Amino acid sequence: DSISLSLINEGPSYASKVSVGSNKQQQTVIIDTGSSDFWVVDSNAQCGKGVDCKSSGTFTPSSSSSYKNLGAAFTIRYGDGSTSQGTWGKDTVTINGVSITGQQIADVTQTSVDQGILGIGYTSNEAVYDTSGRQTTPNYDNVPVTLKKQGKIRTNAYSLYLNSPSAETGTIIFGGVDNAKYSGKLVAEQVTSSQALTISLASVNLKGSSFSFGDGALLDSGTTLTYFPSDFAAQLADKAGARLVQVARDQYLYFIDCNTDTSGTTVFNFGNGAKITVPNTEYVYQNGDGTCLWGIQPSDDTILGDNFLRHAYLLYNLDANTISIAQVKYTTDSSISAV
Ligand SMILES: CC(C)c1nc(CN(C)C(=O)N[C@H](C(=O)N[C@@H](Cc2ccccc2)C[C@H](O)[C@H](Cc2ccccc2)NC(=O)OCc2cncs2)C(C)C)cs1
């Protein structure tokens, strides 16, 4: 079947509403193709210093009579330093009506993160470790795998339309595909990792010049921007005129002249003759003040994040080990297919 869930464009992340427990407590959580674990803010948690982690709704295990506690510790750290510590449990999850009993989540009692995050990647990528690497629970069925297993979806798959940068809602469908919001054909691409949802990027065309790359990249719904290895990211910054700019001890960030030309487009060539074009406005991000960040940053891991993914329709399929892509089309229209 199809389960279209709405995606709220918060700015840096896209969240959906999820209700959890017997009394269906509504949390808004980030939808995350970069993580595989679903955790929510607990009512009685201390948010990290200077962070308002409870204004996207909270979770009270005591109010839900289906809530079972595993008694295993939970801990995760995100690429930007945010972490989240809490406890492993089980309970009812409802997503736009449909409901899965005994879905294992993490109840989090402290978090430098702004809201809960619904991670929906490969179960092999679950945070089941503590900071020493010593294991705290077996790899478990996450949401998507529990949907399929309770016969909610046919296959463990989903599509991802985040809409235009001006758009307020976009959409994710579980075990369904809109065939009206992409041109061309959907080009299936082999995932290059049994742990992360990565596909071979061959090269990137930037400001009319081609830059061979050849290595995998994560199609992450929950990264805001786009990251590359320093060396590569450096060659790219040059040609576009971005400056690397130390703002912390070991953290650097590319800034760019706020009035740089962005009439161009930036192209991403994948393996099967797939191609996704990104308009350059996606590479000036505004800082509240009078500075602008480059939408491309350096990092150990390549990530095509929100600023890339706006511009593609994507048919993730975790039982196939494929992610199909097609240049994005923006419309009110739609037409779904319960694959
Ligand atoms: C202003 C504020 C709200 C925000 N700024 C940002 C801009 N930044 C830096 C991010 O996008 N942050 C990304 C990130 O960590 N994203 C997170 C979402 C998040 C949301 C709110 C606050 C903090 C994090 C979620 C992302 O899918 C990343 C992708 C990733 C995976 C492995 C290695 C590196 C990166 N997921 C994870 O890092 O999960 C960690 C694990 C994977 N497997 C076991 S643990 C980084 C990859 C850059 C996000 S939210």
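Chain A is numbered as in the PDB entry; the shown residues are, in order, 1-339. No hydrogens, no waters, no symmetry mates; every other heavy atom, side chains included, goes into these values. Indexing begins at 1, ligand by ligand and atom by atom, following the structure's order.
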Open item on the list: I keep wondering what the drug at ligand 1 is called.
Closed with: ritonavir
Open item on the list: Can you help me out? I need the name, per the PDB entry, of the chain with the largest number of contacts to ritonavir (ligand 1).
Closed with: Secreted aspartic protease
Open item on the list: Once you restrict to heavy atoms under 4.0 Å, what part of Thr223 touches ritonavir (ligand 1)? Side chain, backbone, both or neither.
Closed with: both
Task: Numbered atoms of ritonavir (ligand 1) (with element) below 4.0 Å of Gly79, judged on heavy atoms - done: 14 (C), 15 (O), 38 (O)
Open item on the list: Give the atom numbers and elements of ritonavir (ligand 1) that come within less than 4.0 Å of a heavy atom of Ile303.
Closed with: 35 (C), 47 (C)
Task: Contacting atoms of ritonavir (ligand 1), where contact means under 4.0 angstrom from a heavy atom of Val113 - done: 21 (C), 22 (C)
- [ ] List the source species for chain A given in this PDB entry.
- [x] Candida parapsilosis
Task: ritonavir (ligand 1) binding site, heavy-atom cut-off 4.0 Å - done: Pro12, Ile30, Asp32, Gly34, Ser35, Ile76, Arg77, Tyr78, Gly79, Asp80, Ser82, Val113, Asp114, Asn125, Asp220, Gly222, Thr223, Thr224, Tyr227, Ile303
